[PDB]
Amino acid sequence: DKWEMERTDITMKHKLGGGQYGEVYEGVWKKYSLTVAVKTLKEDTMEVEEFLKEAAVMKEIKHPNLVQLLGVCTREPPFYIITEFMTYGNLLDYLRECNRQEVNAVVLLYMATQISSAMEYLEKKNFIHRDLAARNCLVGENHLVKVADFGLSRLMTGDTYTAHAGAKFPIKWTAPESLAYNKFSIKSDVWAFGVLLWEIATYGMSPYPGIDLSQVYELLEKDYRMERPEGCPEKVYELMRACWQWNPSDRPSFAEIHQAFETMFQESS
Ligand SMILES: Cc1cc(Nc2cc(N3CCN(C)CC3)nc(Sc3ccc(NC(=O)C4CC4)cc3)n2)[nH]n1
């Protein structure tokens, strides 16, 4: 189709992300002399049919805060996924390494607003992300933020995906129903967003610090929750806590979350 590229239309410049993100490069889309992100997938690093579905899904995503697909090479391995280049890389290192006089309270609101905007779009369009976290958000000029959207899944909003047993999750971002029953839904993304909020409010501290992963589920079922971060506005902490309701249906929608942050951000200005 229109998205398919020739592998030679692109030239690679630099390895990106120190291994933490696989075979990924800063590249050049030669025609337009445009810097792009390139992800190359060797065989035996993914199942082909599922990769193609993930690529098919990206093709339908158009939102200012979701990484924009530019093209794909999907005939002979290695496969390429080509996207717009986000200059500053992942939001986790960005929060950790930033000048906080510049990346201040109002910028943090701005970043949370952008991300919830992305998630509201996914919510409207029947997708779930299942790995929402600061490390999977990308930052560009002027604190522009985009959620990485390569591995999204089609699921009717409100329905539940039951992942296979033996599936491994990033425990500290993972909702109770997901940890216990492998059940994922837009509401488990809302849970994960709450943790993303905490990462933002703390400028990229590791969540549940010091806590053994084996004990996290048990703590949560007894209504333990991370404490309000130093400096974090109470309304924002309230949003965090609303996102970490035990009952999935008690969590707000992303449409409601984004509106709340919209207000705060425009007010903070
Ligand atoms: C997708 C995308 C990624 C980027 N930009 C960047 C930029 C970046 N660098 C920015 C500059 N610092 C100093 C080093 C890291 N490091 C990464 S690390 C990285 C690279 C790729 C992916 N993911 C993908 O390519 C998925 C879409 C196929 C995730 C993280 N990504 N722009 N657009």
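Residue numbering for chain A follows the PDB entry; the residues present correspond to positions 233-501, in that order. Heavy-atom basis, side chains included; hydrogens, waters and symmetry copies ignored. Note that ligands are numbered from 1 as they come in the structure, with each ligand's atoms numbered from 1 the same way.
Lab note: main contact partner of ligand 1 (name per UniProt) = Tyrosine-protein kinase ABL1. The molecule at ligand 1 is the drug tozasertib. Using a 4.0 Å heavy-atom cut-off, the binding site of tozasertib is formed by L248, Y253, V256, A269, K271, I313, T315, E316, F317, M318, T319, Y320, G321, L370, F382. Among protein heavy atoms, the minimum distance from atom 2 (C) of tozasertib is reached at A269 CB, 3.4 Å.
Atom 21 (C) of tozasertib has as its closest protein heavy atom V256 CG1, 3.6 Å. Organism of origin for chain A, per the PDB: Homo sapiens. The shortest contact between atom 13 (C) of tozasertib and any protein heavy atom is with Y320 O, 5.0 Å.
Proximity by heavy atom, under 4.0 Å to tozasertib, holds for these of the UniProt ATP-binding residues in chain A: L248, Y253, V256, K271, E316, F317, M318, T319, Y320, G321.
The protein heavy-atom contact nearest to atom 31 (N) of tozasertib is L370 CD2, 3.9 Å. Residue contact check: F382 has heavy atoms under 4.0 Å from atoms 26 (C), 27 (C), 28 (C) of tozasertib. Atom 14 (C) of tozasertib has its closest protein heavy atom at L248 CD2, 4.8 Å.
Near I313, the atoms of tozasertib lying under 4.0 angstrom from a non-hydrogen atom of the residue are 28 (C).
Backbone and side-chain nitrogen or oxygen atoms of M318 are examined, and one is located within less than 3.5 angstrom of a nitrogen or oxygen of tozasertib. Residue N322 has no nitrogen or oxygen atom sitting less than 3.5 Å from a nitrogen or oxygen atom of tozasertib, judged on distance alone. Counting atoms of tozasertib from 1 in the listed order, those under 4.0 Å from a heavy atom of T315 are 1 (C), 2 (C), 27 (C), 33 (N). Measured between heavy atoms and rounded to 1 Å, the nearest UniProt active-site residue of chain A to tozasertib is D363, 10 Å. At the shortest separation from atom 8 (C) of tozasertib among protein heavy atoms lies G321 CA, 3.5 Å.
Looking at chain A, most residues touching tozasertib fall inside the UniProt domain Protein kinase. Protein heavy atom in closest approach to atom 25 (O) of tozasertib: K271 CB, 3.7 Å. Of all atoms in tozasertib, listed by their number and element, those nearer than 4.0 Å to a heavy atom of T319 are 10 (C), 11 (C).
In terms of protein heavy-atom proximity, atom 29 (C) of tozasertib is nearest to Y253 CD2, 3.7 Å.
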